[PDB]
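For reference, the structure is listed below as structure tokens.
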Amino acid sequence: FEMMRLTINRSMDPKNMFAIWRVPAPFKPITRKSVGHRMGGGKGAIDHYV
Amino acid sequence: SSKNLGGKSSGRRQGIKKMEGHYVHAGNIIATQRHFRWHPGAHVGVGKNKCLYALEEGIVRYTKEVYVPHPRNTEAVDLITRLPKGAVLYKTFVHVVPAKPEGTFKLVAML
RNA sequence: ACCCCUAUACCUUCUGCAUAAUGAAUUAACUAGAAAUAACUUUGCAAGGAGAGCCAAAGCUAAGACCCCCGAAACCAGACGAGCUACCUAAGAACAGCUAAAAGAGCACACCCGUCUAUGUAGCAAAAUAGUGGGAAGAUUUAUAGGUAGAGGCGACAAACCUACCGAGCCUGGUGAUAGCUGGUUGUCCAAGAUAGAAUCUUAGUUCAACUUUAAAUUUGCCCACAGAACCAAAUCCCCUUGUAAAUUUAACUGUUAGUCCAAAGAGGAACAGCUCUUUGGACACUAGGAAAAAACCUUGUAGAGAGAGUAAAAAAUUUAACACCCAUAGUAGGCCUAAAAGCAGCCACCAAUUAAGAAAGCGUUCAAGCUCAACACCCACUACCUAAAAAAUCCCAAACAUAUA
RNA sequence: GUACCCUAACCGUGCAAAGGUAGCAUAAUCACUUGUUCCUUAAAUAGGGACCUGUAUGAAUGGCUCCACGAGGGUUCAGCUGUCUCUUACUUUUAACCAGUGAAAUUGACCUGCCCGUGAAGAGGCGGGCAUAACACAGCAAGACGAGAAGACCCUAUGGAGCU
RNA sequence: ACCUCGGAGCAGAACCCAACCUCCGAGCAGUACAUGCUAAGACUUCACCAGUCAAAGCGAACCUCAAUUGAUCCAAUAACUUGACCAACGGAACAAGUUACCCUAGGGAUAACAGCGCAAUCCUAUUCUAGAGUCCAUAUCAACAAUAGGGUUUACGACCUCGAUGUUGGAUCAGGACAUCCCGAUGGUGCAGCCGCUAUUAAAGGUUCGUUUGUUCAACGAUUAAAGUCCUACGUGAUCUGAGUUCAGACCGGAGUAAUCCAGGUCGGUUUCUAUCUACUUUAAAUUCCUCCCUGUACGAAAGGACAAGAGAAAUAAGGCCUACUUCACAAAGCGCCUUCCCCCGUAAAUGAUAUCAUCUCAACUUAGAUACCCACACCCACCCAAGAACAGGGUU
Ligand SMILES: C[NH+](C)c1cc(NC(=O)CNC(C)(C)C)c(O)c2c1C[C@H]1C[C@H]3[C@H]([NH+](C)C)C(O)=C(C(N)=O)C(=O)[C@@]3(O)C(O)=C1C2=O
Ligand SMILES: [Mg+2]
Ligand SMILES: [Mg+2]
Ligand SMILES: [Mg+2]
Ligand SMILES: [Mg+2]
Ligand SMILES: [Mg+2]
Ligand SMILES: [Mg+2]
Ligand SMILES: [Mg+2]
Ligand SMILES: [Mg+2]
Ligand SMILES: [Mg+2]
Ligand SMILES: [Mg+2]
Ligand SMILES: [Mg+2]
Ligand SMILES: [Mg+2]
Ligand SMILES: [Mg+2]
Ligand SMILES: [Mg+2]
Ligand SMILES: [Mg+2]
Ligand SMILES: [Mg+2]
Ligand SMILES: [Mg+2]
Ligand SMILES: [Mg+2]
Ligand SMILES: [Mg+2]
Ligand SMILES: [Mg+2]
Ligand SMILES: [Mg+2]
Ligand SMILES: [Mg+2]
Ligand SMILES: [Mg+2]
Ligand SMILES: [Mg+2]
Ligand SMILES: [Mg+2]
Ligand SMILES: [Mg+2]
Ligand SMILES: [Mg+2]
Ligand SMILES: [Mg+2]
Ligand SMILES: [Mg+2]
Ligand SMILES: [Mg+2]
Ligand SMILES: [Mg+2]
Ligand SMILES: [Mg+2]
Ligand SMILES: [Mg+2]
Ligand SMILES: [Mg+2]
Ligand SMILES: [Mg+2]
Ligand SMILES: [Mg+2]
Ligand SMILES: [Mg+2]
Ligand SMILES: [Mg+2]
Ligand SMILES: [Mg+2]
Ligand SMILES: [Mg+2]
Ligand SMILES: [Mg+2]
Ligand SMILES: [Mg+2]
Ligand SMILES: [Mg+2]
Ligand SMILES: [Mg+2]
């Protein structure tokens, strides 16, 4: 999202161009377990959103 | 970790025990249900766990009928009296069509 | 005879072994399924049968036919052991020479021990040899007898030593201890035969179910037509026909209940794993052909002989980047801002002369100045395929071949 | 909390039976750790001296010095030397050949090759290629997951035992 | 951490369906007092036990809730009835630690090393062009992100092996990859020269000695042309070592009532093998540094300061020999002496079409661009040897 926003905001002409998202903000949560953890022991904590 | 506990209960084995057209004797349980999915109709009684059993001996038929609750059933009457005009509720009902007559008159004496 | 072609010993264990997992040199001999309750079969007699006792609403009597071998560490009882060693008792013995002459003193033999090294490791030796060392008149060393014994002794505690495996000696007995664990389990031939699950000091086991096997009795069993199964996708349930021949019940038991990949729907993990967990379905643990070798992918199953035939599955194809030429004065250093910002720092407008040039699309200048594009003319004509990598460790890996009618 | 950092002679508060005293101190000492500084060496995670709530030192769980002593552990001057740079020569034993006597562990069967691939995942034996008359003697130790000891670690067992 | 019971998802539509999977709860409360008796037919948590609904009838009247729970024996009671956080919840009536002093039966059904799978982590290359670099993306570095590759780390998995696959560093011997540390060739530069930085090609040859530490590493000293990165069962213990690490002894600090323990420190501590099979046991072209001159030349304002060509001197490596030296002595050796010879491909240019210019050309085309050793062969009884384990070989005029 930052790549899209920065590239389009830099390259666009704000006097004759306009841009909108057709994709919502990151909402689906992705969880990661601790580094080096063995298999099992519950589901990992929420890391980020996509 | 895994701080979720419980949720180990088995399946209740509920649902339909007698489908369409099945010959059913008196007192046979037709359906077992946790909520009112199928309603009792003609010659079908309901037991306090909301089970459905046959009151007569015959053939099980599932129909779809209009729903008029008892005027003392407060929440159902509230839903009725908040429904818009021109609309009617429909529910699935279970009936037993009795196959045999109640009895016969036959000759026993020649007095 | 070899040379050609085919061909990954056996047993056990396992999801799966050519496995570089187990066992086996070989020969001969020895070496491992014992029985009840019932059931079934065949007789005898029969509302009774049996040579007392017992059973009997067709039973009773008799026979047949069914249940292995080896192995612990252990525990207890009674003996035998202190000729080794631990400590003790009785009475003995040895300790050269030198320092100083007193010493649990020093050097140093005999003697006692065993620090370090090397050799040895089925040895000379079930702890040795060689050198090097600690002590060597003392808490020393040692010969002889005797004592203390295992629920114990003895110990300058190393949980050491008690007749060469002492965290509890050895022998005999109980004893053919026990082993949900490993190993093994011996003629021939045929047939049926593959894994829902629940409990459990249970997950290396067992019991019940499920599946499987046999023998009986009976009538429906699989495939399924329409109608039908709830509010908050693939399908399934139910099911008459029809295609078929199996199903249920009764009797009697074992064994399997430590599971692998592939396709699909998901869950956990990294939208990792030849990962783990469920579900549907295949195949494998059974044969054969193919994908190189090959478990699980594809083809195909019911058995034999043939020097016959038709087939199934079955052999990877691809090779990519040329792009113009010629030209350019000028209203103006458009206005504002700034030291200047001149088409090109930032703003407003974007008109307008020449035939034809944006109040300038890139560069370039502190700013300037400069050079390219868009524009005239010029002319054959914009010629326009719209695409894109490379690495590892013994030695590349069939040989090869674009062109003779499917 | 209090004297620029640090640190509190000091003040306040709470608990305990008492709140670690003297001494020593980076230790034969949890982590920090190769603590900081000086000596020693050309060069020091070593050794010695010093500082140090040692945030887990410490007083017969004995604390700290000290004389002798130690096959105890560590450092070092000087010398010595095949320890090494860097190995060489000789003798004896061993060795190898002739003669006599004559074991053991091991051993499914073997007519017992190399490369790459495959596969119960590390092939002499399977696939594709390569190599290839037969047979002794000496040597080597890369492989035969070489031999030995039903793994000395780990787990399991409604298996044991010793100790508290 | 959990162990029993229930609801929702996973499991969308008959039933069922797991995970140390994702969430929510339960171990009651309230009413009644016919919450009496009895009895067809059914359901069923995949077994059993347990659990669930109920027509009719007698007698009266005219239960809510989702789980809300515990078997048998036995105990209390005259009887009816009532007894566990038996929560390890199908429950043994009542039993903890520790073991490195340990033992047994097994397990690669299960961990540690090694192999394998995977690549999260680690490493590399490209793509994009923000940004840094006075200006300038692309001399050099590089954000967000994308694509692809490697199998050196730490994991993760539990597939071979527990009727043994012995282990960290070191010695010895090294085989291989190139992602090159040096030497070679080339392109770019913010390359004047010397030095550099970056990229392409190149694996023939090379890649030091020491102090501390058991160390791999790391720091430091002194050099060198350089002191490469890896893989090879973290190559290599039937070739060696045993400092470390994880047996039995002991100490310190801490923990524990104690036995004992510490993924803490410290001192000590047995490394067996006679080779059966495979494999192998003599394959002659060497690299590098330094000195001189070129030359104080090119270049540069100066300071600084080359590349070619050529000459010499070494060092190592390979092969060999004893004249002298030295260990020594009919000889074997080094510390001594002698000899050692080809290229190597990145690219830079000329002519010239497709495309009548140009263009180094996956256009046709032009240029930069080995020899040596060995080689004959029943004299052989025997002797000698500079030949040799035996055998073989050479000499015996
Ligand atoms: C080889 N040594 C260092 C050793 C090591 C271990 N531990 C290991 O296996 C550790 N190895 C690792 C590092 C984990 C790979 C060990 O476990 C052992 C031993 C030694 C043996 C000695 C045994 C001895 N016998 C069998 C030769 C013996 O007679 C006695 C005795 N004193 O009587 C023993 O103590 C002995 O049986 C023994 O205990 C040993 C080990 O257990
Ligand atoms: Mg559930
Ligand atoms: Mg369940
Ligand atoms: Mg296995
Ligand atoms: Mg096979
Ligand atoms: Mg083999
Ligand atoms: Mg084995
Ligand atoms: Mg085998
Ligand atoms: Mg085994
Ligand atoms: Mg017992
Ligand atoms: Mg005696
Ligand atoms: Mg004395
Ligand atoms: Mg003395
Ligand atoms: Mg002791
Ligand atoms: Mg002890
Ligand atoms: Mg037995
Ligand atoms: Mg059959
Ligand atoms: Mg259990
Ligand atoms: Mg078991
Ligand atoms: Mg699997
Ligand atoms: Mg002494
Ligand atoms: Mg002999
Ligand atoms: Mg292989
Ligand atoms: Mg040999
Ligand atoms: Mg074993
Ligand atoms: Mg058990
Ligand atoms: Mg049931
Ligand atoms: Mg009634
Ligand atoms: Mg339990
Ligand atoms: Mg239970
Ligand atoms: Mg100990
Ligand atoms: Mg054992
Ligand atoms: Mg591993
Ligand atoms: Mg910039
Ligand atoms: Mg598994
Ligand atoms: Mg093993
Ligand atoms: Mg074996
Ligand atoms: Mg072995
Ligand atoms: Mg390269
Ligand atoms: Mg290794
Ligand atoms: Mg070896
Ligand atoms: Mg031991
Ligand atoms: Mg010692
Ligand atoms: Mg050895
Ligand atoms: Mg062999």
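Protein chains get the first letters and strands the later ones, always in sequence-line order, with residue 1 at the start of each. Both ligands and their constituent atoms are indexed starting at 1 by order of listing. Method reported for this entry: electron microscopy, 3.1 Å. Lab note: partial entry displayed, contacts enumerated inside displayed portion only. Both backbone and side-chain heavy atoms feed into the values below; hydrogens, waters and symmetry mates do not.
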Return the drug name for ligand 1. tigecycline
Main binding partner of tigecycline (ligand 1), per the PDB entry: 16s rRNA
Identify the other chains in heavy-atom contact with tigecycline (ligand 1) at a 4.0 Å cut-off. D, E
What else, ligand or ion, lies under 4.0 Å from tigecycline (ligand 1)? ligand 42 (magnesium ion)
In this entry, what organism is named for RNA chain E? Homo sapiens
Which chain positions lie within 4.0 Å of tigecycline (ligand 1) by heavy-atom distance? D:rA152, E:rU167, E:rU246, E:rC247, E:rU270
